[PDB]
Every structure is written in structure tokens, then in C-alpha cells.
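Have a look at the structure below before the remarks.
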Amino acid sequence: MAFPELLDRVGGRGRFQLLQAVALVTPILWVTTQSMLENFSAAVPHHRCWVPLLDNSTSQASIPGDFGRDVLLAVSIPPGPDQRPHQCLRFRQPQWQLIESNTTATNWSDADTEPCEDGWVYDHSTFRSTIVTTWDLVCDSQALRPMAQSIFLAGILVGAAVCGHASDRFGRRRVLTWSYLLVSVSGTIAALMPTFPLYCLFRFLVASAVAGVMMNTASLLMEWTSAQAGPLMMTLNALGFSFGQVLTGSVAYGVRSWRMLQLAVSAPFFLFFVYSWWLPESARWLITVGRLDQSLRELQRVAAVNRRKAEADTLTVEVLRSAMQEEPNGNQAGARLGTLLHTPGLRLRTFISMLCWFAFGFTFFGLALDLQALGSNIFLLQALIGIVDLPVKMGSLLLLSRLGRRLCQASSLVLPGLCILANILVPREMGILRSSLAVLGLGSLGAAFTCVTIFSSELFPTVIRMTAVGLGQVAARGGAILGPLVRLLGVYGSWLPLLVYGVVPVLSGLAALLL
Ligand SMILES: CC(C)(Sc1ccncc1-c1ccc(C#N)c2ccccc12)C(=O)O
């Protein structure tokens with residue numbers, strides 16, 4: 001007797017599945033919050049060079065003449081390109097000549113200015129303090145935020161790999177609960193460190209544990225149900241992320257100091273760890289290893305939950321042993337990576353599939369972590385990304401049946417791509433339309449992820465199917481690391497980052513219909 005018959009006589013759609021779906025989807029919201037917090041915990045508020053005559057009340061008490069604050073600001077700080085005071089320069093000697101309008105204040109050499117040797121002054125209109133304010137990553141080290149985000153994503157990658165191996169060797173629920181605890185502890189410790197490298201290291205560990213819990217949640221959610229309702233489980237696991245975006249919006253609107261926000265986001269994972277003990281472990285994996293009694297215990301439990309004790313009373317050890325004998329082998333795992341490239345018919349089916357996976361990690365994270373520039377109100381913008389995602393996410397599954405197979409993937413990438421290209425041409429005065437085009441861009445990229453998981457399976461044969469979706473996972477992560485690093489090239493122009501981020505999916509999507 002095979003395992004599906006046992007899962008059939010125990011219950012696949014019973015209430016137990018609903019309870020487990022709720023209890024495992026709820027933490028996905030907070031995982032999304034931890035992943036997206038870098039948009040609010042490290043914002044860049046306005047800044048100007050520290051001034052002796054403006055800031056120090058000692059010199060403020062000795063000022064000859066009661067001039068307006070705008071006058072003093074014009075005297076101390078040269079103007080900038082946006083008619084605002086310059087952000088990294090200061091007049092070395094108070095220039096009183098600038099007051100007279102008879103002299104056109106335009107011939108100022110950089111030799112008359114000096115770098116800010118007395119710190120900076122930030123505005124506290126909407127943010128009380130962020131790490132940009134705390135450690136002054138401005139005007140010389142402004143390239144240290146993409147470094148932090150790249151470190152976070154590298155942490156996700158390494159943690160995913162290590163936790164995958166460990167969960168294959170140890171179990172699902174064990175690695176799940178220990179990853180919960182690791183997220184909680186590492187977040188708590190990261191919310192109090194005094195210097196920057198320690199903050200980076202503990203963000204690394206947080207991301208590793210988050211990758212672990214995400215993968216194990218996916219596996220456990222898919223495994224304990226029948227093959228009929230799998231895609232519904234994947235759909236719920238996808239909706240978790242959008243609801244997490246909305247939660248991030250609300251929570252960030254709540255708290256404005258990066259330490260308290262970080263603690264509030266990292267707290268409830270201990271509560272999740274505290275109740276992760278009552279969930280029954282996966283029985284199929286236990287059958288694979290060979291601990292039959294444990295599997296029978298878990299099966300009797302889950303059957304007793306669904307009010308199906310009578311039929312499960314017949315379960316015995318020998319039928320589980322025969323099921324183990326019917327379990328397939330994974331010895332061939334070594335040569336699957338080779339034959340994916342060796343056979344010509346399978347070479348091209350991969351080189352296109354990865355560019356579908358790589359284009360998502362590169363375009364999404366390169367923008368969704370820079371919501372400061374693509375609009376004005378961050379709290380409302382962060383919320384709309386999650387709200388719009390659901391209509392597109394539900395609509396895309398409808399479009400599958402009507403427009404066909406090949407035309408689904410190609411369509412769900414050109415549309416998010418062309419909106420980013422149109423961002424530069426739209427005049428800077430029309431701020432409303434510039435923001436609305438950004439939301440539809442980042443929002444529609446949610447359904448782009450849902451489709452590639454579905455189309456990954458039907459392309460490759462079932463023998464090597466697990467391997468192909470595996471490599472698609474690495475190219476998606478390995479591309480995310482190169483996401484934020486692109487924003488370094490903004491020094492050449494403010495439009496160039498918006499050019500690279502949108503051309504990649506269009507060149508990916510239009511090339512995906514060739515399958
Ligand atoms: C899962 C990752 C590593 S990305 C990621 C990293 C950290 N935390 C959440 C996500 C994430 C994954 C799939 C999503 C989808 N759809 C999604 C949607 C919104 C927000 C986050 C994600 C990937 O590249 O596969």
C-alpha cells in the first residue's frame with residue numbers, strides 16, 4: 001500500500017488541514033515584515049552641514065544683528081542643485097558679502113568650503129531616528145546601505161542552503177521551531193548593538209533563519225495534504241506575503257524609532273516558537289528514514305483530530321513498512337545536475353527558465369527597498385503594493401485558461417517592465433501619475449512570482465522536476481544580491497538605475513515565450 005491511500009483514509013481536506021494552514025500562514029506576515037523593514041528602519045531624512053552660528057547657542061547669543069534664519073542659512077551654506085542648501089559643504093568663514101543683492105552669488109570656488117567636520121543636522125518631522133541618523137552614513141559613506149541589504153540577501157542564501165541540508169537530515173518541525181527561536185533571538189540582539197558591523201552580522205543571522213523557516217513552512221504545508229489541493233496551499237502561502245506588506249505599512253505607521261520598531265517586529269517569533277511544539281511532524285519523511293512507530297503515532301493523532309478514528313483503527317506497522325518499501329530512491333541526485341545540461345533538449349529549457357527566475361529577484365528587490373524615491377508618502381505607498389497585488393494575483397490565474405499557456409509568462413513580465421520605463425519620461429510635475437505607475441509596477445510583480453512556480457513543474461519531467469525548481473531558486477536569490485548594488489550607479493544619473501531595472505524583465509519575458 002502506498003502513502004496516498006493512507007493519507008486518504010486518514011483525511012486530506014479535514015478541519016485539521018484548515019487549522020494547520022492558519023497556524024502556519026500567520027507567521028508568514030511577520031516574516032515579510034522582517035524582510036521589508038529596511039524600508040523604514042533605515043530611511044534617509046533631510047540633512048545639512050552643522051553650523052557654528054546656527055546651531056551653537058554659545059555663538060547664537062553673540063550674533064550682531066537680528067537677521068532671519070533664512071538669511072543665516074544663506075550666509076553659512078551654499079545653495080544646492082535643488083535650490084536647497086548643500087548637503088556636504090560649509091563656508092569655512094562666515095561670508096557676509098552674500099547679503100548684498102548687488103553681487104551675483106555664483107562665483108564660489110570649492111576652496112572656500114570645507115567638509116563637515118562637526119557632524120550633521122537632520123530633520124525630525126516624520127522620523128525620530130534611523131540608522132542613517134545614528135551612524136551618519138551620509139556624503140562620504142552613502143554607499144553603505146546597499147552593502148547592508150546585499151549582506152542580508154547573502155544571509156538568506158546561505159541560510160536557505162544550510163537549513164535545507166539540516167532539515168533533510170533531521171526533520172521538518174525541529175528545524176522549523178529552532179529557526180523560529182533563532183529569528184527571535186537574533187532580531188532582539190540586533191535591535192541593541194552599538195556599531196555598524198555588529199548590526200550587519202546580526203541582520204545576516206536573522207536572514208539565514210528567516211530563509212530556513214520559510215522553506216520549512218512551504219514543505220510542511222504542501223506535504224500534509226493530498227495532491228488535489230496543493231495549488232490552493234501555494235496560493236495561500238503567496239497571499240501571506242501581500243498581507244504582510246499591509247501589516248508592515250501599519251506597524252511602521254505606528255512606531256517611528258528604529259530600535260523600538262525592530263523590537264516590535266522581532267518579538268512575536270518567540271510566541272510562535274512557544275506553540276510550534278504541538279504541531280505533528282511530517283509522517284512521510286519519518287517513513288523514509290525508518291522510524292515507523294513515530295509515523296504511526298502521528299497518523300493516529302491527525303486521524304483522531306478529524307473525527308476519523310474508526311477507519312484509522314486498522315492501521316498497523318507492516319503496511320507502513322510496505323509503504324516504506326514503495327518509497328522512491330534519491331540516489332540519482334548526483335547526475336541530475338549534469339544531464340540537465342548534457343541533453344540538448346533539456347539545455348535550452350533551463351537557460352530560459354532561470355532568466356525567468358533571475359529577472360524576479362533582480363527587479364523586485366532593487367526597487368521595493370527604495371520606496372523613498374518613487375514617491376512621497378511611504379506609509380501609504382507601502383500599503384498599496386499589497387492591496388493591488390491580490391486583484392492581479394487572482395486575475396492572473398483566471399487569465400491562464402482563456403489566453404493559453406505560452407502567453408501567460410510573457411505577458412506577466414512585459415507589463416511590469418514597461419511601467420518602469422515610462423517612469424522617466426513622465427514629467428516631474430505630475431507627481432500623482434508618477435507614483436501610481438510605480439505601484440502597478442511593483443504590485444504586478446507579485447503575480448509574476450506565482451506563475452513561475454506553476455510553470456516550472458509542467459515543463460520538466462517528473463523524474464528531474466525537483467532539480468529544475470531547485471536551480472530556479474538559486475538564480476532567483478543570486479540575482480537578488482545584485483539588486484541593491486545597482487543603485488550605486490546613480491552618480492552618473494538619477495535615471496540610469498530606472499533604466500536597468502526595467503529592461504531586464506522585458507528582455508526576459510519576451511524571450512520566455514520561445515518555449
Ligand atoms: C523567497 C525569496 C528569497 S524573496 C523573499 C525574501 C525575504 N522575504 C520574503 C521574500 C519573498 C519571496 C516570494 C515573494 C512572492 N511572491 C515575496 C513577495 C513579497 C515579499 C517577499 C517575498 C525568493 O527570491 O524566492
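Along the sequence shown, residues carry numbers from 1. Ligands are counted one by one from 1 in listed order, and the atoms in each one are counted from 1 as well.
With cyclothiazide, bretazenil, verinurad, carbenicillin, Targretin as options, the drug found at ligand 1 is verinurad. Here the macromolecule bound to verinurad with the most contacts is known in the PDB entry as Solute carrier family 22 member 12.
Defined by non-hydrogen atoms within 4.0 Å, the binding site of verinurad is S35, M36, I156, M214, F241, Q245, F365, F449, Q473. The PDB entry names the source organism for chain A as Rattus norvegicus.
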